[PDB]
Peer 1: 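This is the structure, below, for whatever I ask next.
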Amino acid sequence: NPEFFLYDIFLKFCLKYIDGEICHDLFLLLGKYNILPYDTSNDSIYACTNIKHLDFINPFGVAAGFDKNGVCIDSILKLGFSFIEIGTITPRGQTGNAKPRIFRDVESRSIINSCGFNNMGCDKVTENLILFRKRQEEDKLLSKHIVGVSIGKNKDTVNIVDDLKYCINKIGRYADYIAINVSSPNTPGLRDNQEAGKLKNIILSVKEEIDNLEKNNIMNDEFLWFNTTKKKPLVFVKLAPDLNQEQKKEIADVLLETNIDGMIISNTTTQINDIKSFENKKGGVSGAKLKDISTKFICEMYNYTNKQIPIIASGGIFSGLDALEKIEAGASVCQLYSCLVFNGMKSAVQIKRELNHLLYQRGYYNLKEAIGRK
Ligand SMILES: Cc1cc2nc3c(=O)[nH]c(=O)nc-3n(C[C@H](O)[C@H](O)[C@H](O)COP(=O)(O)O)c2cc1C
Ligand SMILES: Cc1cc(Nc2ccc(S(F)(F)(F)(F)F)cc2)n2nc(C(C)(F)F)nc2n1
Ligand SMILES: O=C(O)c1cc(=O)[nH]c(=O)[nH]1
């Protein structure tokens with residue numbers, strides 16, 4: 001439509017002139033007031049996908065950190081995405097690091113950030129997710145759309161687990177899945193939770209808290225899980241790419257022993273030095289330059305877990321081609337972030353088109369057939 005096209009001009013303009021986090025908040029606001037366009041197209045039934053009994057109408061969603069506070073869930077989903085991951089949230093509100101903390105290099109289609117864990121806190125965000133869930137009962141276009149919640153610990157909290165336990169109790173009833181990220185380069189001490197021993201501990205503790213939600217309520221699943229699945233939320237974990245081969249296999253074991261529901265590969269990276277505008281900057285890099293690193297990480301973990309744990313792709317996905325690399329590498333689902341920044345609101349419509357056409361030309365019957373074909 002012209003709707004998309006006109007908006008994308010405004011965005012390209014904003015991208016050139018205006019600060020990144022200012023732009024982000026501006027368009028989140030436009031989405032909050034529901035003046036963004038819709039993709040009302042039927043999605044190809046041949047590009048369906050799932051992770052266990054969690055079904056996605058199409059294989060593209062938005063990654064955590066994009067709508068941290070769940071203020072814009074409807075509008076973003078209606079751009080053509082099958083799901084969104086809100087957060088990362090923490091039990092208490094944070095301001096995050098000092099601004100500016102997000103910068104973009106257009107030529108390389110990359111971003112670096114040191115947001116450091118800004119969100120309105122779990123309590124307020126739960127009210128936002130509840131309001132959405134109420135809207136979802138009335139909106140034809142939100143049916144079968146999935147909302148995951150990314151959860152993490154406040155800055156100065158001694159134990160991670162006590163933070164996540166609070167988050168699950170408050171918001172776990174409204175979530176279709178829970179993403180645990182011990183993968184973030186913006187707060188010190190988070191990533192050491194990636195050891196196998198502490199991880200196993202965290203993962204178990206999360207499943208037990210979710211399982212406890214079921215036990216302590218007296219209602220049936222219909223009137224207990226105020227989400228889309230109407231079941232208890234799945235448990236994913238998100239991994240940073242800056243690990244060595246021993247760490248990755250050590251972790252790979254854990255995820256199996258815990259029987260986790262999926263792994264999100266990957267988060268941002270600190271190991272990129274060839275971006276000129278970014279040399280002054282600290283933080284984690286995302287976008288195109290993260291693409292090849294990310295994909296490799298999927299192949300590794302796909303092999304190390306011996307293909308029992310489903311994978312969710314994140315890192316430099318812009319095109320239907322990029323998407324297929326992640327799928328053949330072993331991903332069931334893809335998440336976009338940087339693409340929305342650089343390609344705009346058309347990204348979902350566009351990338352779904354490109355992938356559908358490729359699946360044809362590559363002779364795939366459906367998307368599931370292509371999963372892990374390396
Ligand atoms: C400004 C910014 C904030 C982010 N915040 C989070 C976050 O809070 N939690 C999280 O798991 N990932 C966060 N991410 C990482 C994204 O979820 C995603 O994994 C990463 O950007 C790679 O996607 P991409 O290459 O398509 O951009 C953030 C990324 C950016 C650029
Ligand atoms: C022009 C621009 C846009 C943008 N993000 C963005 C882009 C579009 C939308 S949306 F979701 F318009 F409908 F697609 F609201 C939401 C967020 N960001 N995000 C950043 C950043 C990297 F700072 F977060 N810079 C941006 N610049
Ligand atoms: O919000 C952040 O600080 C953040 C979290 C994360 O997981 N990855 C990232 O790059 N930034």
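One is the number of the first residue; the rest follow in order along the sequence. Read the numbers this way: they start at 1 and go in the same order the structure lists the ligands and their atoms. Determination method: X-ray crystallography, 2.8 Å.
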Peer 1: Indicate which of DSM265, FYX-051, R1487 is modeled at ligand 2.
Peer 2: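 The right pick is DSM265.
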Peer 1: Could you peek at this structure and say which chain has the most contacts with DSM265 (ligand 2)? A name from UniProt would do.
Peer 2: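 The chain with the most contacts is Dihydroorotate dehydrogenase (quinone), mitochondrial.
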Peer 1: Of the residues in chain A that UniProt says bind FMN, which ones have a non-hydrogen atom under 4.0 Å from DSM265 (ligand 2)?
Peer 2: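 Heavy-atom check against UniProt gives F66.
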Peer 1: Which residues and nucleotides contact DSM265 (ligand 2) at a heavy-atom distance below 4.0 Å?
Peer 2: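 Going by non-hydrogen atoms, it's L11, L15, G20, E21, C23, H24, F27, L36, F66, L79, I102, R104, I111, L340, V341, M345.
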